[PDB]
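Entry featuring testosterone.
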Amino acid sequence: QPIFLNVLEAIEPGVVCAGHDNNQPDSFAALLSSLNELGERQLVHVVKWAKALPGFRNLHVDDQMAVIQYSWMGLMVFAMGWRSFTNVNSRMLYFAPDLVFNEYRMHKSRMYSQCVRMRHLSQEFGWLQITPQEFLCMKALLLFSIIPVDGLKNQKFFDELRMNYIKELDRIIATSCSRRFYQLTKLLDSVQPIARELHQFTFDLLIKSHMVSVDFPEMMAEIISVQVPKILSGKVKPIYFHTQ
Ligand SMILES: C[C@]12CC[C@H]3[C@@H](CCC4=CC(=O)CC[C@@]43C)[C@@H]1CC[C@@H]2O
Ligand SMILES: c1ccc(OCCSc2nc3ccccc3[nH]2)cc1
């Protein structure tokens, strides 16, 4: 019975620091390069985490890289909102212990409205009173929530895995159980429009980066110019539970 949860809680990654120098005055270039660095850092964890998920290693290996590459934004954002919820009560954006966005940093990052949506996301955990177990299952399901419209190499395996994760979440929930399931499914869905705003933003930023003194690490640069445009151009689409 508690085997699946045991794994989720066991493999949950720990604190990742951004490397940000809070002594330097908040500037758009500084704030954004630190996010990029954080992103690159958190990426390593996401890989090791994902490969340690129950059933994940039996996806086709190409599909293993692909789904990680399409879903990191949504994963990292959903986690951050959780950190923000548990650490600063959704009042600020707790990207890392060494990189917390107050109101001022939200403005300086030129990402204000996105940050507002992300804060809203964070406030939801409070609103819905999400248990940590619910959070871990939802976060794992997020990794199977976005795919090419033309299918993966072994779609069959993907579909079975995804179904198992959905039934895992149901179990963790269980009128009361019906309403509840609807809520987390709508909450999970709400992650995708936010991920997309961030995909749009980071892509525009990459294009004009040499122009605005904002550095991108190798893996971020690679992914944002090869994988993210597939999402933007509509070759990769998220899987929503409810019709938008
Ligand atoms: C993509 C990004 C750098 C990586 C950030 C991302 C915002 C969302 C986010 C939350 C995290 O906790 C990890 C870093 C990431 C993934 C940043 C938005 C603009 C910047 O380029
Ligand atoms: C191929 C496809 C999926 C696979 O597992 C998906 C993990 S879901 C799951 N939840 C469980 C809960 C209890 C016991 C076993 C469980 N398996 C394994 C091989």
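The residue numbers of chain A are those assigned by the PDB entry, with the residues present covering 670-843, 850-919 sequentially. We use all heavy atoms of the structure for the numbers below, so side chains are in, but hydrogens, waters and symmetry mates are not. Both ligands and their constituent atoms are indexed starting at 1 by order of listing.
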Ligand numbers or chain letters for testosterone: ligand 1
Largest contact partner of testosterone (ligand 1) (naming from the PDB entry): Androgen receptor
Where testosterone (ligand 1) meets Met745 - atom numbers and elements under 4.0 angstrom, heavy-atom basis: 12 (O), 16 (C)
Atom 3 (C) of testosterone (ligand 1) [closest protein heavy-atom partner, distance rounded to 0.1 Å]: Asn705 OD1, 3.3 Å
Closest protein heavy atom (residue, atom, distance) for atom 13 (C) of testosterone (ligand 1): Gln711 OE1, 3.4 Å
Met895: numbered testosterone (ligand 1) atoms lying under 4.0 Å from its heavy atoms: 3 (C), 4 (C)
N/O separation below 3.5 Å, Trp741 to testosterone (ligand 1): no
Top UniProt domain of chain A touching testosterone (ligand 1): NR LBD
Numbered atoms of testosterone (ligand 1) (with element) below 4.0 Å of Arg752, judged on heavy atoms: 12 (O)
